[PDB]
**Student:** 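Pulling up verinurad bound to Solute carrier family 22 member 12 for a closer look.
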Amino acid sequence: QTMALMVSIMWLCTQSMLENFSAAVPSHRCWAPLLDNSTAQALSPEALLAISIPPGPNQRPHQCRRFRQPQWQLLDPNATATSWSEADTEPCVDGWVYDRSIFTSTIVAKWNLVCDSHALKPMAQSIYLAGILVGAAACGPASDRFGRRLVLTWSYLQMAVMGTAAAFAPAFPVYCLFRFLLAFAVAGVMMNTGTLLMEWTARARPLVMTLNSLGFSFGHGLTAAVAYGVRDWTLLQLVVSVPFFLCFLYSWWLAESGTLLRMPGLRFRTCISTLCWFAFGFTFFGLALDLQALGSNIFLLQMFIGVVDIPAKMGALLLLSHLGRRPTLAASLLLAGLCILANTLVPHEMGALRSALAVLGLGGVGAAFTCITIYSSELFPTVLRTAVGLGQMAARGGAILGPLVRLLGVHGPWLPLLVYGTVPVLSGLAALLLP
Ligand SMILES: CC(C)(Sc1ccncc1-c1ccc(C#N)c2ccccc12)C(=O)O
C-alpha cells in the first residue's frame, strides 16, 4: 500500500527538517556576574547588560566578546558612547548563557555552538548530507543482494535506533556518528521507496511521483506542528522517531508468521541533467536549513511553505502534463532564481515580503525538482534511464556544498543568498537547451 510508505516519507521530511530546528541558534550572551550572579550587588538589567557586553552587529550586544572590567562609559548619559578600546575585551573566559525565548533546549546551547565556533552546525549538516550521499550508493548492492524489503525494514530499525540514541548523545562526535547512521538509513529508505514506486504501477509514473512529493511536502507541516508542540530537541527527536518503530513493526506483512562511456563528449544531455540536479540539491539544502534567517518566525515560515508547496506542485504537474517538460522547468527555475534574488535585494526590515519570497523560491525549486524527475524518465533510452541514479548522486553532491557555502557569511550575509539566487538563474538558462 502506498499509504504506509507515504507516511514514512512524511516523517522522513520531518527527520530531514529537524536539522534546522535542532540546530537553531536562539538569543545568547556570555556569562556575566552583573546578570547571572546573585541579585544582591554592590536594577535596570538592560544597563548592566550594556555596560558588561560591548555592542556588536545590528547594534546588539556581542555574543563572543565580554568586557574584562565594567565599562561605565555606557551608563553615564554625558559620556561619549562607542569609544572604548579593544584591549578591554576578553575572549569569553567564563563561557556563555542562553535565553529560552524561542527554544528551551537545542544542540547549540548544549555543546556551545556560539559564533566563536559557529562552524560546527554547518559541519554537522555536511556530515548528515554526506551520510545521505553514501547511504544511497552503499544500499544499492545491499538491496540488490539482500532484497529491498529486508533492507527497508533494517533501515527503519536503524532510523529508530539512531533517533532514540541521538537524543541521548553526550558528546559531539557521538552525535555526529549517530546522525551519519541516521542519514544512511534515511537514504536507504528513500532509495527503496524510489525503486518500489517506479515498479509499482508504471504511464502512471507522474501521478505516483506527485503523490509521493505531496506526501513529502506534508512533512513540512508535520514538523512545524511538532516543533510548535514540543520545544526540547531531545523530546522532539524522540517523538519524531517513535512512528518509525511502528513502521518497522509493519514488517513481515504485519506479523504474518550498466556503465557507459562518454569519451567523445558530454553529448549535451547528461551534463545538463547533472547541472539541474546539482542546482536543485544545492539551493534546496542551502535554503531549507537556515529558515531562521529567511523569516521572522521559523514555525510561521515552515507552515507557510508547507501550505504553499502543495498547490505549487499541483500547478507544476499541470504544466508538465499540459505544455511539456522543458519550458515549465525553465520557467520554475527562473522564477525561483528571481525570487531568491529579490529576497537578497529586499532589506531585512520587510519580513513579510522576505518570507513570501523565500516561500516562492522554495516552491519554485520544488517544482523544478518535480520537472527534472519527470524529465529524467524521457531524456535517455529505456536501458540508459543509470541516468536517474547519476542525477540523484549529482544532486546529493551538490547538496554537500550547500551548508559549506553558508560559511561564507563572514564576508556578508547576502553572499549565501546571492549564490542561492544566482545558481537557479543559470540552471534555468541552461535548462532551455534540453531536447
Ligand atoms: C538528496 C535529494 C534532494 S532527496 C532528500 C534527501 C534528504 N532529505 C530530503 C530529501 C528530499 C528533498 C526534497 C524533496 C522534494 N520535492 C524530496 C522528495 C522526496 C524524498 C526526498 C526529498 C535527492 O534525491 O536529490
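In order, the residues displayed for chain A correspond to 20-61, 67-226, 228-282, 338-465, 467-516 in the PDB entry numbering, which applies throughout. Every heavy atom of this structure was used, including side-chain atoms; hydrogens, water molecules and symmetry mates were not. Whatever order the structure lists ligands and atoms in, that order sets their numbers, starting from 1. Per the header: electron microscopy, 3.2 Å.
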**Student:** Hey, which residues are hanging around verinurad (ligand 1) within 4.0 Å, heavy atoms only?
**Tutor:**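 Heavy-atom contacts: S35, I156, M214, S238, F241, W357, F360, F364, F365, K393, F449, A476, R477.
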**Student:** Hey, quick one: what organism does the entry say chain A comes from?
**Tutor:**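 It's listed in the entry as Homo sapiens.
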**Student:** Which UniProt transmembrane segment numbers of chain A (from the N terminus) have a non-hydrogen atom closer than 4.0 Å to verinurad (ligand 1)?
**Tutor:**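 Heavy atom under 4.0 Å in UniProt segments 2, 4, 5, 7, 8, 10, 11.
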